[PDB]
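Among the contents of this structure: tariquidar.
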Amino acid sequence: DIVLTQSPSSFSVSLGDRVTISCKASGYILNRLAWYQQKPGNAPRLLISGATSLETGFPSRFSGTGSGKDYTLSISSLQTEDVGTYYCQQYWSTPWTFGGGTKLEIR
Amino acid sequence: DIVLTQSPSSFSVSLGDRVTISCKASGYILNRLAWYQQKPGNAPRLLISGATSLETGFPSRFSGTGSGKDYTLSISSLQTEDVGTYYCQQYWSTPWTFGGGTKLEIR
Amino acid sequence: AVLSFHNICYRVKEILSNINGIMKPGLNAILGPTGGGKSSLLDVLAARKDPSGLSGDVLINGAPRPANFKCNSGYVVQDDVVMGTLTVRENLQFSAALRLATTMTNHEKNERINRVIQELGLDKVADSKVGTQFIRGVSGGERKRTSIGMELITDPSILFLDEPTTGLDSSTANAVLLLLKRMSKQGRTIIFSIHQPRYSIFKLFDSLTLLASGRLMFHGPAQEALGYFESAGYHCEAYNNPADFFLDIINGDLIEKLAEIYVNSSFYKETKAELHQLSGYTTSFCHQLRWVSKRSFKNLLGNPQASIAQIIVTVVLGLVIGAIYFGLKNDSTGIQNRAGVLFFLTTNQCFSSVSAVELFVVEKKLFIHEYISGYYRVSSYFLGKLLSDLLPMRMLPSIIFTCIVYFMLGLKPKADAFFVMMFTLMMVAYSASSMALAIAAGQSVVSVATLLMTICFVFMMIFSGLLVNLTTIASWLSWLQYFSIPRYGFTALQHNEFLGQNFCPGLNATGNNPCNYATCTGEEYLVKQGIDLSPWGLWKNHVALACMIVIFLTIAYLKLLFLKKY
Amino acid sequence: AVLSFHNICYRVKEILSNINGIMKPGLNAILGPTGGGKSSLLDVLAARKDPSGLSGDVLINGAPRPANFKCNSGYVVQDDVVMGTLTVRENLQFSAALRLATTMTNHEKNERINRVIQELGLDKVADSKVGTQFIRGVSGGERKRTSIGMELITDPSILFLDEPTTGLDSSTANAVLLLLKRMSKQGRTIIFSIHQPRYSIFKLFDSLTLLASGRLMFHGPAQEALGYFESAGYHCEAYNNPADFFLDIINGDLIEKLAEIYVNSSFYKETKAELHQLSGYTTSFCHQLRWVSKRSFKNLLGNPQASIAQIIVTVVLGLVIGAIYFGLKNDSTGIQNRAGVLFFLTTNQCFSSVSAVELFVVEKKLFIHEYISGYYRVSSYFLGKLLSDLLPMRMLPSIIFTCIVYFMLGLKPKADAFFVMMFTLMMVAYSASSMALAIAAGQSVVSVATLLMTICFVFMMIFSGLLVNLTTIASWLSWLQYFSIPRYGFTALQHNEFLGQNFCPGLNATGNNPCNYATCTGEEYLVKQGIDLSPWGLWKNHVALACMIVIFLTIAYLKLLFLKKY
Amino acid sequence: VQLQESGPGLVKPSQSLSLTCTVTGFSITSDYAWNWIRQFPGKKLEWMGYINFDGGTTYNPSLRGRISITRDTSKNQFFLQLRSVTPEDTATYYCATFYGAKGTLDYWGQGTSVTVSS
Amino acid sequence: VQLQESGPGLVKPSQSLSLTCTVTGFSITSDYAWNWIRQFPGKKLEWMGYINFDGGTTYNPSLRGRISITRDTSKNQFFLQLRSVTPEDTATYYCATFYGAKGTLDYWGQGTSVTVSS
Ligand SMILES: COc1cc2c(cc1OC)CN(CCc1ccc(NC(=O)c3cc(OC)c(OC)cc3NC(=O)c3cnc4ccccc4c3)cc1)CC2
Ligand SMILES: CCCCCCCCCCCCCCCCCC(=O)OC[C@@H](COP(=O)(O)OCCN)OC(=O)CCCCCCCCC
Ligand SMILES: CC(C)CCC[C@@H](C)[C@H]1CC[C@H]2[C@@H]3CC=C4C[C@@H](O)CC[C@]4(C)[C@H]3CC[C@]12C
Ligand SMILES: CC(C)CCC[C@@H](C)[C@H]1CC[C@H]2[C@@H]3CC=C4C[C@@H](O)CC[C@]4(C)[C@H]3CC[C@]12C
Ligand SMILES: CC(C)CCC[C@@H](C)[C@H]1CC[C@H]2[C@@H]3CC=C4C[C@@H](O)CC[C@]4(C)[C@H]3CC[C@]12C
Ligand SMILES: *[C@@H]1O[C@H](CO)[C@@H](O)[C@H](O)[C@H]1NC(C)=O
Ligand SMILES: *[C@@H]1O[C@H](CO)[C@@H](O)[C@H](O)[C@H]1NC(C)=O
């Protein structure tokens, strides 16, 4: 089964600086890559679908770029309403696997 | 080739009433049927795609209800901005063919 | 019986120059090189040669040769014609039902079979199988005795044999000839064509005919040929085989000189003088269907190899194909897996029908012999060998495959879809077998009969609807898709299986299909291939199939009616 | 040379009980029944039999026969082994180039060949093609003379002939035996086994040996054989071939009665006293490949029927396939059409490589005979029948298909992709050929080998990746996909062709694909089948095919080396 | 569409577990697929399975024979029956919804913690 | 998305007609397919052919060896060349756009009347 991997299982950053999360997969996913953002005590809330598109209710800051087995979310100038875990799901093959989740933190 | 036919090549409908056009087909089209409305001296204008949907910018008086080989268009309580030619088109096979067109008249 | 030939000539190169003599009651043979009238004069005298060449005049007892001669004489074939699996008594019984008179009871028939097995010297093995390549067969000498006895049940008067001792050892050919002499001391004038004997046999003859290159080189008492060649200016040394002696004389220790010396001797004058003095259905159609089908079935049971291997391979393939394809899912791979397994089943039926080339090809000679003898008609034999060798051998794989792989795979779990699939697989098996028969009926060698069948099946499989979309071919070639049996099979299977399905999880496309190019249902996939969605679109594929069967079977039947029997 | 044999006993039931005798220089013969010891005492006496069983000391002139005996001697085969495609001169030259000494010039070689063919009698028929079934051949007597001539080249002293007449009309036998007699008048010991000889042969024999069911019923001078049985109590009739009389004594005018009466006869005691008195590579490697590759190339061109049939059927199939698929489109039917044509090519190569089974099964006999004689070694023969039967044949269709169809269809129009496709098809052809050789080598019969190849090929076709999606099989059976050649061929072709394509008019999916389940590009289709998208993903299939070729040719070489040569 | 979840928040080990979910705002026989998704303590995620709009069902291969999803099409409910429970199944379940033409889990439930102890 | 057509309003039989359509608001190499349509006098529509976003073209069989569509990707242009003209095809010519995910001709030109006479 395709197993995602968010190698930087943590991050540390001040307010307003760019950050980039990588979700190298273990097989060709072909842009079937989604980014969910989980808050404390809530359910995940889809943020990016297709590894490039973007959903409604989110600003144009979050971006998604990748191809093959390497995809990256990019949060340029993260505000206060950006901390929380970030999971990368693949919906290519039959068991839809999630990423480990990179808990962001602040400084 | 799939040939489309329209039985009522001309109508005569009283203003404010209901009218129903038919677009019997030659082979199975599987809801790949579009309706275009052409006014005098213009390019056709898509009205209903997929034989059931309805384009953004067309009132909900129009409705497509077809299956198999016999698709139909229905206009309930037409207004004056409805008199025109109504072509149907199949986009299922490689040569896209139109229907003969049914002009509508007001008595 | 007193056969009497005169001035015969045969042509397709007129082979028989001029023949003359009688064949009096006794035991008389014709011998000579392989190119004389050895395998020709005996075929002519027995009314088995095409009569459009004979210019002479045959005669039985002065009267012209009657019509029922073929049904009143006995032509014992050279090699073995008896069935291997049947029993020495079952063969004498089958060759006794169809030839004898149905008016008589089975008591009389079995009494005659018993008095025949008495003379034939086979009262020890009558209850054991004659034997085949796989089962332990009885000695070839008893095989030949059985094949002879199969032509004694009618009690003919004239027995015709040809090379009865070719394929034997020394002391068994002697037994065969002693049995033939014991037969010939009854008034049954035996007439055989012998090949390079040892003088031990040559000593028991009563008349003789030397035929070299197509000329009577000698005819008369077979205790005189050595005297006829001695008094002509030759010398015979001791320890020489007189038959080999004459077959060496024919090579010159010259054909047209030894062929003209004979005319000027008394053994031509006497024969021509005595000659110029002497010249100057039995059964109902049902009684022929029943026994033919019954014999063929008993022969099939006595063949564990072919049928048992067929059943075993169908079961093994069923289980393997149900393991590989176990649990078909309704996702993007579902369409591919279903199309693949249905295509596999249909091409399996077709390419396995190829094995039916040995039906009317390996039993040809026996058919010709038994038909000319007057056993049965072409239609009764055809319907027999097509109702037990083919009818219950093409039903079983189409039953096993369905029953096994229908619930491992997980196909449409309705009562009638199962039966429609079984019916379709059986129909396409029958149609492919009919085509195999139409090609193989009337050919003597299998290889050239199987090459064309494999080519035709490769072409049909290309035009079957999986390796190329049948709606994309150019019109000057697209009409060829009506000549493919796998196409009709695969179309009926696809129609029966694909109709009410969804293959996109979470997308209900029954109404509006969002974002076409998706192929999210069975109707879309079926129309993409050029298949109908009405029930007629399932059953035309069947009538066509049925039609093909009829047509092809008719062709086969015609290729058996105009086949050159003589 | 005067061979001698005492107390020889063979054990595979001892087929040979006890044999004693000396073979002076003349024309001696060993004759018995089919159930005697004829076909085994010769292979014993000629060192063609395993040294395990035998116990006596087969010795020449006192010297126990050395290891170089077989290449020094000469043994003519029962039937004929000469090639029908080459002429008599080439046949006598291929045998005179590997058995003679490389230190001598072609002048002496061709002079010896001329002497041989001029004394034998085929000088008038020197250049005439020996002949196959299709081309008009030469007389069978001349074929047997040619075979006898491919062993007089080396100038041996002892010549062994097993059944020189089984397969000849009574016409040529006298001439062949006179030929042997004329050879024997110069000092050659000729030892042959015969099957029921005519007295026109038995007259000139020097010494007779009678092998009646694994015992020595007589060994001595052959003029004194009838005198043996006349003084034994029997009576000598006239007009009977005495050899047939001998073969009839064994079958009723026991086997352990005459066998123990013979030891009582002086022909035993005198010879045993005589025997107790008595007791008291040549070529390079490249040279052993030049002529093998030469003869094979001639025989493959000299038989234009099979090769031209191959090329004609390939060009016709290529044109048919190019006309059916003419002009592939980039739409919904494009994926199906490309997958179907690539599957058809990769499967046509495999299923047409089933004719490589005739390479080593049709030539088993002559290979074994020549190797045992000592012409070449197994490795040189392998490489000289693989360089001129599999390189010039399986390379042609792989280029013809790729030339014809690649531009009628419209596959990837690039410089490298064309040659990569050609190379892939070539590798698939060679791998299927190597597997056919591995399954077929050493096997003496063709049918079971063809069945095994067919079953293996249909299973590899199932696991090829078009019928069942190779990523949906259960893991306990998915490893079976690595044991299949069609899968690597099809994977390489699909990779070579599908990479940079689009199949949804109006929809650019290279960016963000909308509404998945579409399969709107070649990479999506490639990954759905489980195929890598890297150059290693393309070239690992070729690495695997090369490894398969190596393993399969090594298995074939080992099956040729360890074969039962005796 | 809006999903609600209910069930027993504590089960005894080596027993069954049953959760239910009411779908209000949509018909669970109309369009989508409906799945279960559990989140462990430590914030890993695991998709368990889904029931289709037409009845078909497919589960995570890691849970073989241990999970069933069923539907009450009459009152718009689906149910998760997790048999032979173990103390390691101490997570929330969420019961998300999956469109299919877009591919992603569009709508999520609210999550109910289920502890497995004795 | 803002297509517009231009060309000669009159040709002679046995010649070549040639029209152009320049797109303003998209890139004719980016996404869609670009089609030619004509409406005969008598109000019957007929689809002639299209050119893909990648340069592949596909034409109506009933216009064989007589039609070609080409593109200049510099100034966002595609051209229709109809050879061996006749005083029969006196239609009105539109350039249109085709998405493919939706299937319908979404955008049309304006309509350039082309009259054939001698
Ligand atoms: C150059 O020429 C050829 C070109 C091409 C082909 C063959 C060619 O050569 C033909 C075949 N590709 C088609 C794919 C294919 C092939 C064969 C099968 N086959 C069975 O599925 C089968 C099922 C049985 O049921 C259990 C069964 O039981 C007995 C025996 C079966 N195989 C045969 O009958 C059979 C017959 N003749 C053959 C002649 C030569 C080589 C193989 C032969 C095999 C299935 C699919 C494409 C091209
Ligand atoms: C359809 C239902 C019917 C069921 C009947 C099953 C029939 C089995 C089909 C044939 C057997 C397959 C392999 C056995 C080879 C037999 C001939 C032989 O021995 O040649 C060589 C033999 C190995 O030789 P070795 O041991 O190294 O020799 C020792 C020398 N010192 O195998 C092979 O190399 C070929 C193996 C290919 C198998 C591919 C499997 C395909 C599945 C994807
Ligand atoms: C001599 C042999 C090889 C000729 C083959 C006979 C075939 C081609 C004949 C026999 C019966 C015929 C079929 C009878 C039924 C129909 C229904 C028709 O609506 C479509 C064609 C179809 C399917 C016919 C096609 C041609 C047909 C299949
Ligand atoms: C003939 C029988 C006995 C053995 C068959 C040889 C086959 C199975 C062996 C020989 C070479 C091997 C291949 C060579 C290396 C690779 C590359 C790897 O990334 C995938 C496996 C693969 C492709 C191997 C699979 C198994 C293989 C193909
Ligand atoms: C494409 C390439 C890599 C595959 C070539 C396979 C063939 C040509 C190679 C692979 C293994 C080789 C064989 C290995 C074993 C021997 C034994 C040696 O005493 C003579 C050469 C001989 C017989 C080799 C001949 C050439 C050979 C058969
Ligand atoms: C498809 O879109 C990508 C970016 O979305 C673009 O770079 C590419 O050029 C497009 N395809 C073609 C054939 O132009
Ligand atoms: C799919 O939708 C149609 C209408 O949108 C509906 O009638 C049908 O019942 C749905 N499919 C199923 C399996 O309920």
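We name chains A, B, ... by the order of the sequence lines, and we start the count at 1 in each one. First listed ligand is number 1; within each ligand, the first listed atom is number 1. Computed from heavy atoms alone, side chains included, the values below leave out hydrogens, waters and symmetry copies.
Copies included, the model assigns tariquidar to ligand 1. Of the chains in this structure, the chief binding partner of tariquidar is, as UniProt puts it, Broad substrate specificity ATP-binding cassette transporter ABCG2.
Other chains, heavy atom under 4.0 Å from tariquidar: C, D. Among the ligands and ions shown, no others lie under 4.0 Å from tariquidar. The heavy-atom cut-off of 4.0 Å around tariquidar picks out, among the UniProt transmembrane segments of chain D counted from the N terminus, 2, 5. The UniProt domain of chain D holding most contacts with tariquidar is ABC transmembrane type-2. In this deposit, the organism assigned to chain D is Homo sapiens. Covalent bonding of tariquidar in this entry: none to a chain. For tariquidar, the residues with heavy atoms nearer than 4.0 Å are C:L317, C:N348, C:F351, C:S352, C:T454, C:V458, C:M461, D:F344, D:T347, D:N348, D:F351, D:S352, D:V354, D:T454, D:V458, D:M461.
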